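A, B, ... follow the sequence lines: proteins, then strands. Residue 1 opens every chain. Each ligand, and each atom within it, is numbered from 1 in the order the structure gives.
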Amino acid sequence: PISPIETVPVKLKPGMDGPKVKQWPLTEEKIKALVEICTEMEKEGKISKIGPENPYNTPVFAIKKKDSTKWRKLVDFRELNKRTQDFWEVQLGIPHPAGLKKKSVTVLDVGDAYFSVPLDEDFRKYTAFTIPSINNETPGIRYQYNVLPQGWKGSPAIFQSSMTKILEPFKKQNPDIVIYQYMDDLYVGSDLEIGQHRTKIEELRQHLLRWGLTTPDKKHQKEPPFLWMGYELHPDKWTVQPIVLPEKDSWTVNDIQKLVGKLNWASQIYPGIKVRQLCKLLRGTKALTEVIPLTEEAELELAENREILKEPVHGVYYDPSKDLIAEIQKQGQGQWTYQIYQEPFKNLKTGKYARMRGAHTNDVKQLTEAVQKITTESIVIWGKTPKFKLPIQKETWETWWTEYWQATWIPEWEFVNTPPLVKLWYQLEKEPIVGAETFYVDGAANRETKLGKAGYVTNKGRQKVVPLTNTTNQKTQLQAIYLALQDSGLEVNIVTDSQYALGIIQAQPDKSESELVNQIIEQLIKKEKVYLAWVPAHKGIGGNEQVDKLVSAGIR
Amino acid sequence: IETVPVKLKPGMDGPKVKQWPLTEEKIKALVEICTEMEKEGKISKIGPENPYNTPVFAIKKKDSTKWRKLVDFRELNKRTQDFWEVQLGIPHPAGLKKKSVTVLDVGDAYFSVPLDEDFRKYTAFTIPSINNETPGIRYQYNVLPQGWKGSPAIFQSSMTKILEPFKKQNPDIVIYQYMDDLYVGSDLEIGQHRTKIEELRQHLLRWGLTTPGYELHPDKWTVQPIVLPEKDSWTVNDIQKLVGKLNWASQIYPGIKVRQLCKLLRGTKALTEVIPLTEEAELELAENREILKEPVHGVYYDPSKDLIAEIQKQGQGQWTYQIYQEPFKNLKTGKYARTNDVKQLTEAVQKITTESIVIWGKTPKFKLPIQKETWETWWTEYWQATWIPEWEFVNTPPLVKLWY
Ligand SMILES: O=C1Nc2ccc(Cl)cc2[C@@](C#CC2CC2)(C(F)(F)F)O1
């Protein structure tokens with residue numbers, strides 16, 4: 001048919017005119033094809049004949065369809081398209097199975113959708129193509145479109161817009177029939193009985209028929225399961241489609257990647273999926289066919305993952321009348337996993353967070369990051385933020401938030417002892433450490449060389465000045481502090497003039513990307529009382545002045 | 001009436017910002033607010049032929065329970081600046097910042113003026129749906145919208161007719177209109193001012209325009225100095241920090257002499273070691289701090305430059321800020337104090353924005369000390385203004401030290 005439905009007016013980008021691509025000559029078998037095909041469409045009303053008074057021409061092609069029984073008609077619209085107007089996206093998101101409400105679900109699929117919908121008249125004249133004549137002799141049959149062409153910019157946009165307006169009434173009549181429309185298909189579900197359900201289905205098909213939209217008969221495909229967008233949906237539960245781990249001898253980069261991809265995809269409902277070791281292996285511009293020998297950890301990780309997948313795990317559907325609980329567990333280092341549920345342990349959805357977020361970061365910060373992420377995800381899927389259950393002490397948290405420079409919030413949360421617990425691995429004293437050396441560390445370095453001496457000086461005469469090779473003016477300030485920590489007691493007062501150094505340490509980082517910074521950490525975790533102060537670098541103050549001298553003098 | 005033909009900054013195109021995800025209640029709240037704006041015909045449903053989008057949110061009134069629609073026209077304002085600033089600009093009264101100022105929401109007054117039929121596509125917005133299970137309701141404005149700086153400008157005509165009587169009968173009461181709000185200021189006493197306000201609410205009422213409250217006292221807005229300690233004791237540690245801060249106070253506030261207090265009890269002493277006192281010092285602490293109380297000499301507001309607001313978290317519900325156009329050239333510093341860190345930060349922003357509108361007549365751009373994703377998720381949960389300032393997120397350096 002051709003749905004009576006009003007048409008969406010459309011036009012070309014302002015400073016532009018229709019396409020005018022010349023029609024390259026096609027073989028005789030091809031020309032016959034397009035003629036048997038177009039002639040067919042014309043009788044349908046999907047296309048109409050037009051004369052040479054139509055300066056707009058878009059190329060046409062044909063290719064053998066399934067196995068080559070019948071030919072197909074490819075209309076390379078690239079030209080018309082780059083000149084057509086921009087539209088509003090068809091989808092800016094996908095339903096997550098975990099946010100779907102849990103009896104009867106069947107799927108009707110719109111036959112010849114794009115073709116069962118009218119095309120704004122004032123625009124038809126642009127979708128005018130032509131069928132060649134055995135080696136460019138006779139002119140050819142000119143045709144234009146009256147319904148939505150295939151590969152055209154606004155066919156998905158306008159089809160959806162319409163299919164929506166056509167459902168509006170039926171939906172309004174049965175606010176108890178959830179209807180989700182994905183492209184050419186329509187997923188329809190309800191809490192009725194297989195009988196009263198199919199009754200509605202028909203009423204729907206009918207409603208659709210009254211609008212030029214044809215639909216299947218007994219081939220409803222309903223029969224959940226439902227293999228959709230990577231998932232396998234059932235009326236009671238859901239899960240990811242069958243993940244099957246190859247288990248082979250030697251792995252190529254191409255192999256490790258497809259694997260990391262299924263695993264990431266599985267981690268939605270499968271808790272514990274770990275890909276840290278496997279991903280590591282994919283570092284450095286490596287051929288896509290290059291085989292990579294598995295390391296110990298990797299070989300093991302693939303094992304644990306293999307384990308987690310041996311038995312099917314399914315997610316459960318969302319219930320609005322209940323809360324969402326989300327518990328986050330710290331896996332390995334910088335690795336976090338979480339579960340979201342309503343009924344203790346009937347997981348709604350799982351997940352994992354591993355983002356780094358620069359160098360110099362500590363567990364509390366990361367946990368705050370994972371909470372933020374999970375929150376965003378819950379607003380999109382369930383429309384509300386879950387109640388968290390974190391493996392952090394209300395003490396460790398409050399002590400950390402009220403002192404930090406950056407503003408931090410965090411939804412309603414409770415503690416739950418599920419080791420490894422989260423904690424700050426060392427504090428920095430506020431007021432100096434009476435009776436405790438006072439190292440005045442300093443640094444410098446020549447720039448057109450990369451040579452510098454890092455050192456220090458105490459209120460006890462001590463003064464060391466170890467030389468460095470290939471260090472930035474900063475490392476020499478961050479290396480001077482590493483010294484102050486080695487040749488120092490369990491309590492020390494370090495006085496730096498490196499805002500840069502004072503910055504990194506001050507934010508209690510407990511892991512880093514700088515090897516020095518990681519060293520400076522072990523120390524800090526080993527000292528029993530440290531105090532950090534800063535003073536105008538090289539401004540000449542009692543102390544920094546003196547170390548600055550034996551530090552900068554020579555090699556600067 | 002006849003619509004005032006509107007045009008975009010040539011070379012630029014309508015807004016195309018995504019609609020940030022909303023929570024159920026804010027959605028349900030909006031589909032109800034827009035369903036009624038449809039009956040009244042202020043907005044019309046639209047088709048996919050509109051490639052445009054401006055985001056929207058639902059905030060709470062003046063702590064009441066009636067949700068309000070808040071369209072984020074931050075972008076379209078930019079794409080329209082030429083229009084609402086030079087073409088039909090609105091003059092700013094230098095007197096406003098001088099005993100009381102009431103802020104009235106003359107907003108509903110815009111839904112009465114048609115909007116050039118040729119501009120309505122630029123005001124398209126979307127009401128999302130949970131879990132994306134539904135296309136997502138689209139709409140456009142047929143009347144002047146509320147967050148759009150363009151509205152005030154067009155309505156700047158009708159407005160004058162309204163106020164006129166009231167102005168001619170109170171030559172000393174200042175009226176400033178600023179994107180959705182009317183700022184009324186007077187040197188009268190609270191009772192006399194407050195009355196005069198109601199009086200105005202009645203003039204407004206006769207043109208189909210109801211009103212609220214919220215009183216600001218600009219003449220008592222004071223500068224926040226850069227304090228210097230004053231303890232009876234004194235450790236090497238303390239005196240060092242003192243010379244640290246004083247150093248800062250030089251790249252701004254020209255004249256800060258720190259020569260005498262420096263090189264003071266130096267050498268290589270233990271941080272603890274309590275220290276004496278000097279007479280050059282006693283005089284330098286005071287001589288300098290005195291310079292720190294006053295405004296930076298040499299700095300003047302520049303109508304052509306943007307204003308910037310930087311906020312530092314001081315701890316214990318304490319927030320300090322600075323408004324400037326050229327780094328470390330403070331046109332004004334200030335404070336803000338007295339549950340959630342995000343709840344307070346947004347509070348401070350609005351206060352600061354409000355003060356900025358009163359003084360320079362333009363909102364500043366905030367360099368906010370918080371993680372982007374966090375701000376975005378909750379700002380609209382505590383926001384109550386009808387405007388939205390520009391904002392970038394920064395990582396406050398070890399400068400919280402000094403109060404500036
Ligand atoms: O709300 C629900 N519940 C539901 C339950 C089981 C199955 Cl299989 C399908 C659904 C459904 C959907 C969908 C498409 C994205 C997959 C339906 F709309 F009902 F089809 O969305």
Choose among efavirenz, indirubin, tolmetin, hydroflumethiazide for ligand 1 = efavirenz
Partner of efavirenz (ligand 1) with greatest heavy-atom contacts, name from the PDB entry | POL polyprotein
By chain letter, which other chains contact efavirenz (ligand 1) with heavy atoms under 4.0 Å?
-> A
Write out the binding site of efavirenz (ligand 1) as chain and residue number, heavy atoms closer than 4.0 Å.
-> A:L100, A:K101, A:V105, A:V178, A:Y180, A:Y187, A:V188, A:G189, A:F226, A:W228, A:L233, A:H234, A:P235, A:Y317
